[PDB]
Protein chains: 2
Amino acid sequence: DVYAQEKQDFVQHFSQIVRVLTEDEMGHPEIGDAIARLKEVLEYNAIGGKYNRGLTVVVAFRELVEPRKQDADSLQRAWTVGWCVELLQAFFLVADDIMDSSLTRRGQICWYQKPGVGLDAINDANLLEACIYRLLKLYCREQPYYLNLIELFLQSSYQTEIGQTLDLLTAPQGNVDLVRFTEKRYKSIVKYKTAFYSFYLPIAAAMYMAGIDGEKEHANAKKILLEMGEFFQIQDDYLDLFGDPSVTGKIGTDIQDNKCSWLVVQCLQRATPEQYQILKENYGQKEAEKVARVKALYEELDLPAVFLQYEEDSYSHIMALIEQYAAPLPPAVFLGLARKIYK
Amino acid sequence: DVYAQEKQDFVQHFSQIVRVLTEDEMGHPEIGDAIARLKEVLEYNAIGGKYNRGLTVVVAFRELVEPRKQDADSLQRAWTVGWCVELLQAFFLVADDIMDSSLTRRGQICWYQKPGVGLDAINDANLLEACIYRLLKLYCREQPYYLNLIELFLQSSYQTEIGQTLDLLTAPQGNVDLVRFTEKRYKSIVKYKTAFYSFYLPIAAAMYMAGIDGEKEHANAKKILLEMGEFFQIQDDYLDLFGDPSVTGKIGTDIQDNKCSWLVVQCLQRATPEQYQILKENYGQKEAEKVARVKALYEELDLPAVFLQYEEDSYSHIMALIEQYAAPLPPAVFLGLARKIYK
Ligand SMILES: O=P(O)(O)C(O)(Cc1cccnc1)P(=O)(O)O
Ligand SMILES: O=P(O)(O)C(O)(Cc1cccnc1)P(=O)(O)O
Ligand SMILES: C=C(C)CCOP(=O)(O)OP(=O)(O)O
Ligand SMILES: C=C(C)CCOP(=O)(O)OP(=O)(O)O
Ligand SMILES: [Mg+2]
Ligand SMILES: [Mg+2]
Ligand SMILES: [Mg+2]
Ligand SMILES: [Mg+2]
Ligand SMILES: [Mg+2]
Ligand SMILES: [Mg+2]
């Protein structure tokens, strides 16, 4: 597996990430305590994921750039830009866990739930964001793609925040209005909150580093990647309820938080007026027995089978899009990524 | 007053800010609801302040740039960059109010206290931040100083967040350890949390737009401006307790929040072991009667007189620094700003 190959090299690079980020302290001992906190935040929140996004930058880089230009310096920059995407991920998740009132992340207590952290986590998340641009400046400032990367990260952050706004607006706490939960709305939420930053960004970053800046090449890459992103969020929604917290590393909250989940949207498409009543009575509440009633209804409508069938139809469709839109990029780039997220 | 002149033109420009920010919606009706929320957030949180920071960009621009280069386009860009600093301010304040558990801001209820907003305000704050860079791209991308402005805003944000980390670390909730509250620590907190973004940033932005990018000119400007920033935070700390909420627009929380305020640092310098006990017993608690005991001790030590005397010594010192370090920039730039914040 081409991700497995690159992994060990990528993950060890995090030591260098932390080192150069906390040598800002050398020239200013006055901020020592802040730099120590930064290190803690990084070590807690940027480590322990699958690294799909960061590894994708490196894999795509190695597949897009002529082996004659893969010197030690160019490789260090690739790992760094990969870690920038992982820091973006950490920024979004620390804040998302606060807003979604979640308990665990990646198999440990959410950072804001940690004793003595609490809403201070808001500033910690913003620091993670800031570190992206410090890394970009330190490693990439004299490269021709520097400004393109800066604008890409900024734009991806804006899109993600717009998506989060839609997520939160569609799920007002205490106000169960199931008519809002349409497929059209679902698709817009996930495109913005997940697809751009999780799928387009890491490949686009590699493309810029390879000198592929053409409007057309990026537009074609998007057509494939945003579709993969939709599937990825749908899988996340399924896993919120039907996943084993021991494997996912996080306790589900979509029902309690009144979210426009793929599951609730599919339920509303199949529900008799009497099933609709059950949903309306038990959705968006914290009571464990009410959540259990919604899961039992999902199970009745065979939603887990409907998801299985969506996964298969989706894989076939993404493969068709790769056949059409990959060129002039190597299909391997997209095939590797697809194999990582479906199987 | 040269701020008063420029004001009406600057403030009316906010209509154009909001318009171009919410025409992102024209090409994507799917995110309409998010764009409506963005508009609300802007109108609530970017309006109602003194605009000292944003006006400073415009004033300095008009004083630094040859009147022959102050066309309508260059002026529109100046107003925009001014509004970018006001958006940065709004980002920091929305988040700061959450973290500091504050009640009002600029004479209205804090955004996160508004019914139906709550911790969703975390994402709203991040959107304010994102809008800075959208404005910079839309108005300034083809100008020679574009990248310098982008790096300036990013770096100022990082410094501010480091400062906020020190603020929050020095004020752990429920853990009153008054020995931490030294002048040396106070000075480091305020330099980072306030001085860079409030004083250096707006002048530096004008300098870059005027083509003054020299290391030396910026280093000299900092020497003056960071000192002004220290005074400005000290005045803020005094006003938290001794200001009239009807004028300041915000209810004070420093005592309740266990903060390393200039006032508590000055108290510890003057206090008998028996006054020290009083402080230690009543500081960092929410009880109105305990807060009242701390204010009465401050009044005993004549802290309000000590502040008056600091204000005067500080004005004289800043004026001495202007005499030394302003050149080759016009002293008016710094004098105008000083007159705005002292009187
Ligand atoms: O990991 P989570 O919390 O299940 C999630 O995927 C996290 C997340 C944050 C931001 C953007 N996309 C996904 P969410 O959308 O809250 O279900
Ligand atoms: O307006 P406030 O809340 O009194 C304050 O000045 C706001 C603030 C936020 C961020 C940086 N500097 C000041 P704080 O430091 O919390 O006392
Ligand atoms: C956008 C989503 C669905 C958040 C989870 O992403 P991942 O499942 O890739 O989380 P980590 O590997 O980074 O933990
Ligand atoms: C950095 C500080 C002390 C926050 C308040 O700044 P201002 O007093 O300039 O607040 P507004 O005019 O923007 O309301
Ligand atoms: Mg979540
Ligand atoms: Mg969420
Ligand atoms: Mg989820
Ligand atoms: Mg505050
Ligand atoms: Mg504060
Ligand atoms: Mg204050």
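Sequence lines set the chain letters: A, B, ... in the order given, protein chains first and strands last, and positions in each chain run from 1. Keep in mind that the numbers below use all heavy atoms, side chains included, and drop hydrogens, waters and symmetry copies. Remember, it's 1-based here, ligands and their atoms both numbered in the order they're listed.
The drug name recorded for ligand 1 is risedronate. Short version: main partner of risedronate (ligand 1), named per UniProt, is Farnesyl pyrophosphate synthase. The chains other than those of the drug that have a heavy atom under 4.0 Å from risedronate (ligand 1) are A. For risedronate (ligand 1), the heavy-atom contacts closer than 4.0 Å come from A:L93, A:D96, A:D100, A:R105, A:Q164, A:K193, A:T194, A:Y197, A:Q233, A:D236, A:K250. Risedronate (ligand 1) places these atoms under 4.0 Å from at least one heavy atom of A:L93: 7 (C).
What sits closest to atom 16 (O) of risedronate (ligand 1) on the protein, heavy atoms only, is A:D100 OD2, 2.8 Å.
The nearest heavy-atom contact from the protein to atom 7 (C) of risedronate (ligand 1) is A:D96 OD2, 3.5 Å.
In terms of protein heavy-atom proximity, atom 5 (C) of risedronate (ligand 1) is closest to A:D236 OD2, 3.7 Å. At the top of the distance list for atom 12 (N) of risedronate (ligand 1), counting protein heavy atoms only, stands A:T194 OG1, 2.9 Å. Ranking protein heavy atoms by distance to atom 2 (P) of risedronate (ligand 1), first place goes to A:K250 NZ, 3.4 Å. On the PDB entry, the origin listed for chain A is Homo sapiens. Taking every non-hydrogen atom of A:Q164 and a distance limit under 4.0 Å, the qualifying atoms of risedronate (ligand 1) come out as 9 (C), 10 (C), 11 (C). Of the residues that UniProt lists as binding Mg(2+) in chain A, those with a heavy atom under 4.0 Å from risedronate (ligand 1) are: A:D96, A:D100. Filtering the residues that UniProt lists as binding dimethylallyl diphosphate in chain A by heavy-atom distance under 4.0 Å from risedronate (ligand 1) yields A:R105, A:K193, A:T194, A:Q233, A:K250. Looking from atom 11 (C) of risedronate (ligand 1) to the surrounding protein, the closest heavy atom is A:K193 O, 3.0 Å.
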